[PDB]
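Proteins get letters first, then strands, A, B, ... in listed order; numbering begins at 1 in each. One-based numbering, in listed order, for ligands and for the atoms of each. Just the heavy atoms: all of them, side chains too, but no hydrogens, waters or symmetry mates, feed the values below. Technique stated in the header: X-ray crystallography, 1.8 Å.
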Number of protein chains: 2
Amino acid sequence: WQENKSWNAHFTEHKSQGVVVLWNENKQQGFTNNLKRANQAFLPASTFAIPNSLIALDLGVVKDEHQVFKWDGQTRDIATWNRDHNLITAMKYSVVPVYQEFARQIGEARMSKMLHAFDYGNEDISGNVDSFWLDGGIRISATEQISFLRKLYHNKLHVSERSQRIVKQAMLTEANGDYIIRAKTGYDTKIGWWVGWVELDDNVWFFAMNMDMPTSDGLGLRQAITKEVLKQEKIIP
Amino acid sequence: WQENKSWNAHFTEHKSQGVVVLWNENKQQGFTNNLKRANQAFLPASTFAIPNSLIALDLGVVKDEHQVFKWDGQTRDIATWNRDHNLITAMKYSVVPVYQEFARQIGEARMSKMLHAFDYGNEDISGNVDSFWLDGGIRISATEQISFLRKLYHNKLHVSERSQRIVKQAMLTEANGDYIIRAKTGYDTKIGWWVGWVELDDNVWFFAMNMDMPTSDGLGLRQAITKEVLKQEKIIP
Ligand SMILES: *C(=O)[C@@H]([C@@H]1NC(C(=O)O)=C(S[C@@H]2CN[C@H](C(=O)N(C)C)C2)[C@@H]1C)[C@@H](C)O
Ligand SMILES: *C(=O)[C@@H]([C@@H]1NC(C(=O)O)=C(S[C@@H]2CN[C@H](C(=O)N(C)C)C2)[C@@H]1C)[C@@H](C)O
Ligand SMILES: [Cl-]
Ligand SMILES: [Cl-]
Ligand SMILES: [Cl-]
Ligand SMILES: [Zn+2]
Ligand SMILES: [Zn+2]
Ligand SMILES: [Zn+2]
Ligand SMILES: [Zn+2]
């Protein structure tokens, strides 16, 4: 692990504070602007969609990425949530009601065992079984996110290969002739997350970033700052 | 099937001739500029990478999308071919040597049975087992490409679900916040292909296009004309 404090400019240029963590898979080397904050554990918020979806698929709670989760008919504040969804759109729009239903069907006992088998963060599900990743005791650091994501990328998590492939499909965020990004955003009113990886022809760069997010206005800085770092390191054009 | 002859402008604006075929999956309705050419059968050329990769995966010739196919050390004219590849980069760069090795290992008997089970075009593998899709008797029309691709999208081809998922991953071409394109190009010195689909939040639009391609200079018209049609029909922004 190498600390590049010159990456701090990418945060300070946006009047922001946070951490970007990168992992070169071929070289087995990591880079970050702040080693300490790279290892600071936060609530996963909507980034918990990745383990949650994996467990739900492996237990049969979700059949596949096409299966429709009917809206319960409760109107909530996020407009995108009040409609039918599948695994793809649930991940795209961070539809909490869907993932809460996942967690309830999974149950406390299976959820706890699965997160331990996943070596996921602090592995603590204290709180409501359907809201612990939002207001409970589970915490995960950026380096721990990358550890988890590396296992997912290689199909080495303790779930079926099929479940991992489907979740990685649902993680699809951006793709062009130069790279593929599979990733998941998160925002809990205090900090914003972006965790995932960049697939290249001959390598994969894993990333996990978080930053202080006082207001929603700057949510796009999550991706912008990350991509500005990736471009500086010549990972993407 | 509805013929929209006003789509011909998209070809004539580029001094080109060809066909675009679209299929609205939710409505089960098709649209094309030229119904006749939509049903004209051509050599699949590099679009055969999709059935070939499916068969190779299902027979174990390819383990997964990470498995490296070592370059044989024969230098060929296409620079991208003279290197190691996996299933992702073989599809991206249309690396014929890889697919020829696939076909040889598959063999004539299994290839012929598989294409019949796939209902793939004329189902004729006459010629060399490792070049029939380039210089042999196999032919497929744009509408037949869409018929095949619909089965792939739904995991209804006569191969393992896993094989179909992996090939669809390898087909990934473009993705953003509005759509995902999974597709495959083809070019045989006479005609150019682009076949695939556009995934939206709530629908999928399948497409198959081909056009006369006297020279390589216009290869990019394949995607440009297709995307100009998609934009006209408000399928993509
Ligand atoms: C989880 O982190 C929460 C949701 N996750 C995200 C997110 O990181 O994108 C949001 S923000 C919401 C969804 N997308 C909308 C948008 O237009 N932008 C990203 C600017 C707004 C949620 C708060 C979950 C616990 O609600
Ligand atoms: C199959 O159709 C042949 C290859 N397929 C393609 C193609 O449709 O892209 C090409 S063109 C080749 C690969 N990409 C290079 C490029 O820079 N452009 C697309 C402009 C050039 C091949 C001829 C296969 C039978 O060789
Ligand atoms: Cl969530
Ligand atoms: Cl995918
Ligand atoms: Cl080919
Ligand atoms: Zn900036
Ligand atoms: Zn076990
Ligand atoms: Zn045009
Ligand atoms: Zn059978």
Name the macromolecule with the most heavy-atom contacts to ligand 2 in this structure, as the PDB entry names it. Beta-lactamase
Tell me the name of the drug molecule at ligand 2. meropenem (bound form)
So, around meropenem (bound form, ligand 2), which other chains have a heavy atom under 4.0 Å away? B
Just jot down the meropenem (bound form, ligand 2) atoms closer than 4.0 angstrom to any heavy atom of B/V96, in number order. 24 (C), 25 (C), 26 (O)
Atom indices of meropenem (bound form, ligand 2), in the order listed, that fall short of 4.0 Å to a heavy atom of B/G186: 2 (O), 8 (O)
So is B/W81 in contact with meropenem (bound form, ligand 2), going by heavy-atom distances below 4.0 Å? yes
Which residue and atom, if any, share a covalent bond with meropenem (bound form, ligand 2) in this structure? B/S46 OG
Report yes if some N/O of B/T47 lies less than 3.5 Å from some N/O of meropenem (bound form, ligand 2); otherwise report no. no
Using a 4.0 Å cut-off to any heavy atom of B/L219, which atoms of meropenem (bound form, ligand 2) qualify? 11 (S), 20 (C)
So is there a nitrogen or oxygen of B/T185 less than 3.5 Å from a nitrogen or oxygen in meropenem (bound form, ligand 2)? yes
Contact with meropenem (bound form, ligand 2) for B/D188, non-hydrogen, under 4.0 angstrom: no
Numbered atoms and elements of meropenem (bound form, ligand 2) in range of B/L134, under 4.0 angstrom, heavy atoms: 25 (C)
Under 4.0 Å from any heavy atom of B/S46, which atoms of meropenem (bound form, ligand 2) are there? 1 (C), 2 (O), 3 (C), 4 (C), 5 (N), 24 (C), 25 (C)
Atoms of meropenem (bound form, ligand 2), numbered as shown, that sit under 4.0 Å from any heavy atom of B/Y187: 1 (C), 2 (O), 3 (C), 8 (O), 23 (C)
I'm curious which residues sit within 4.0 Å of meropenem (bound form, ligand 2), going by heavy atoms - can you tell me? B/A45, B/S46, B/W81, B/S94, B/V96, B/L134, B/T185, B/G186, B/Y187, B/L219, B/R222
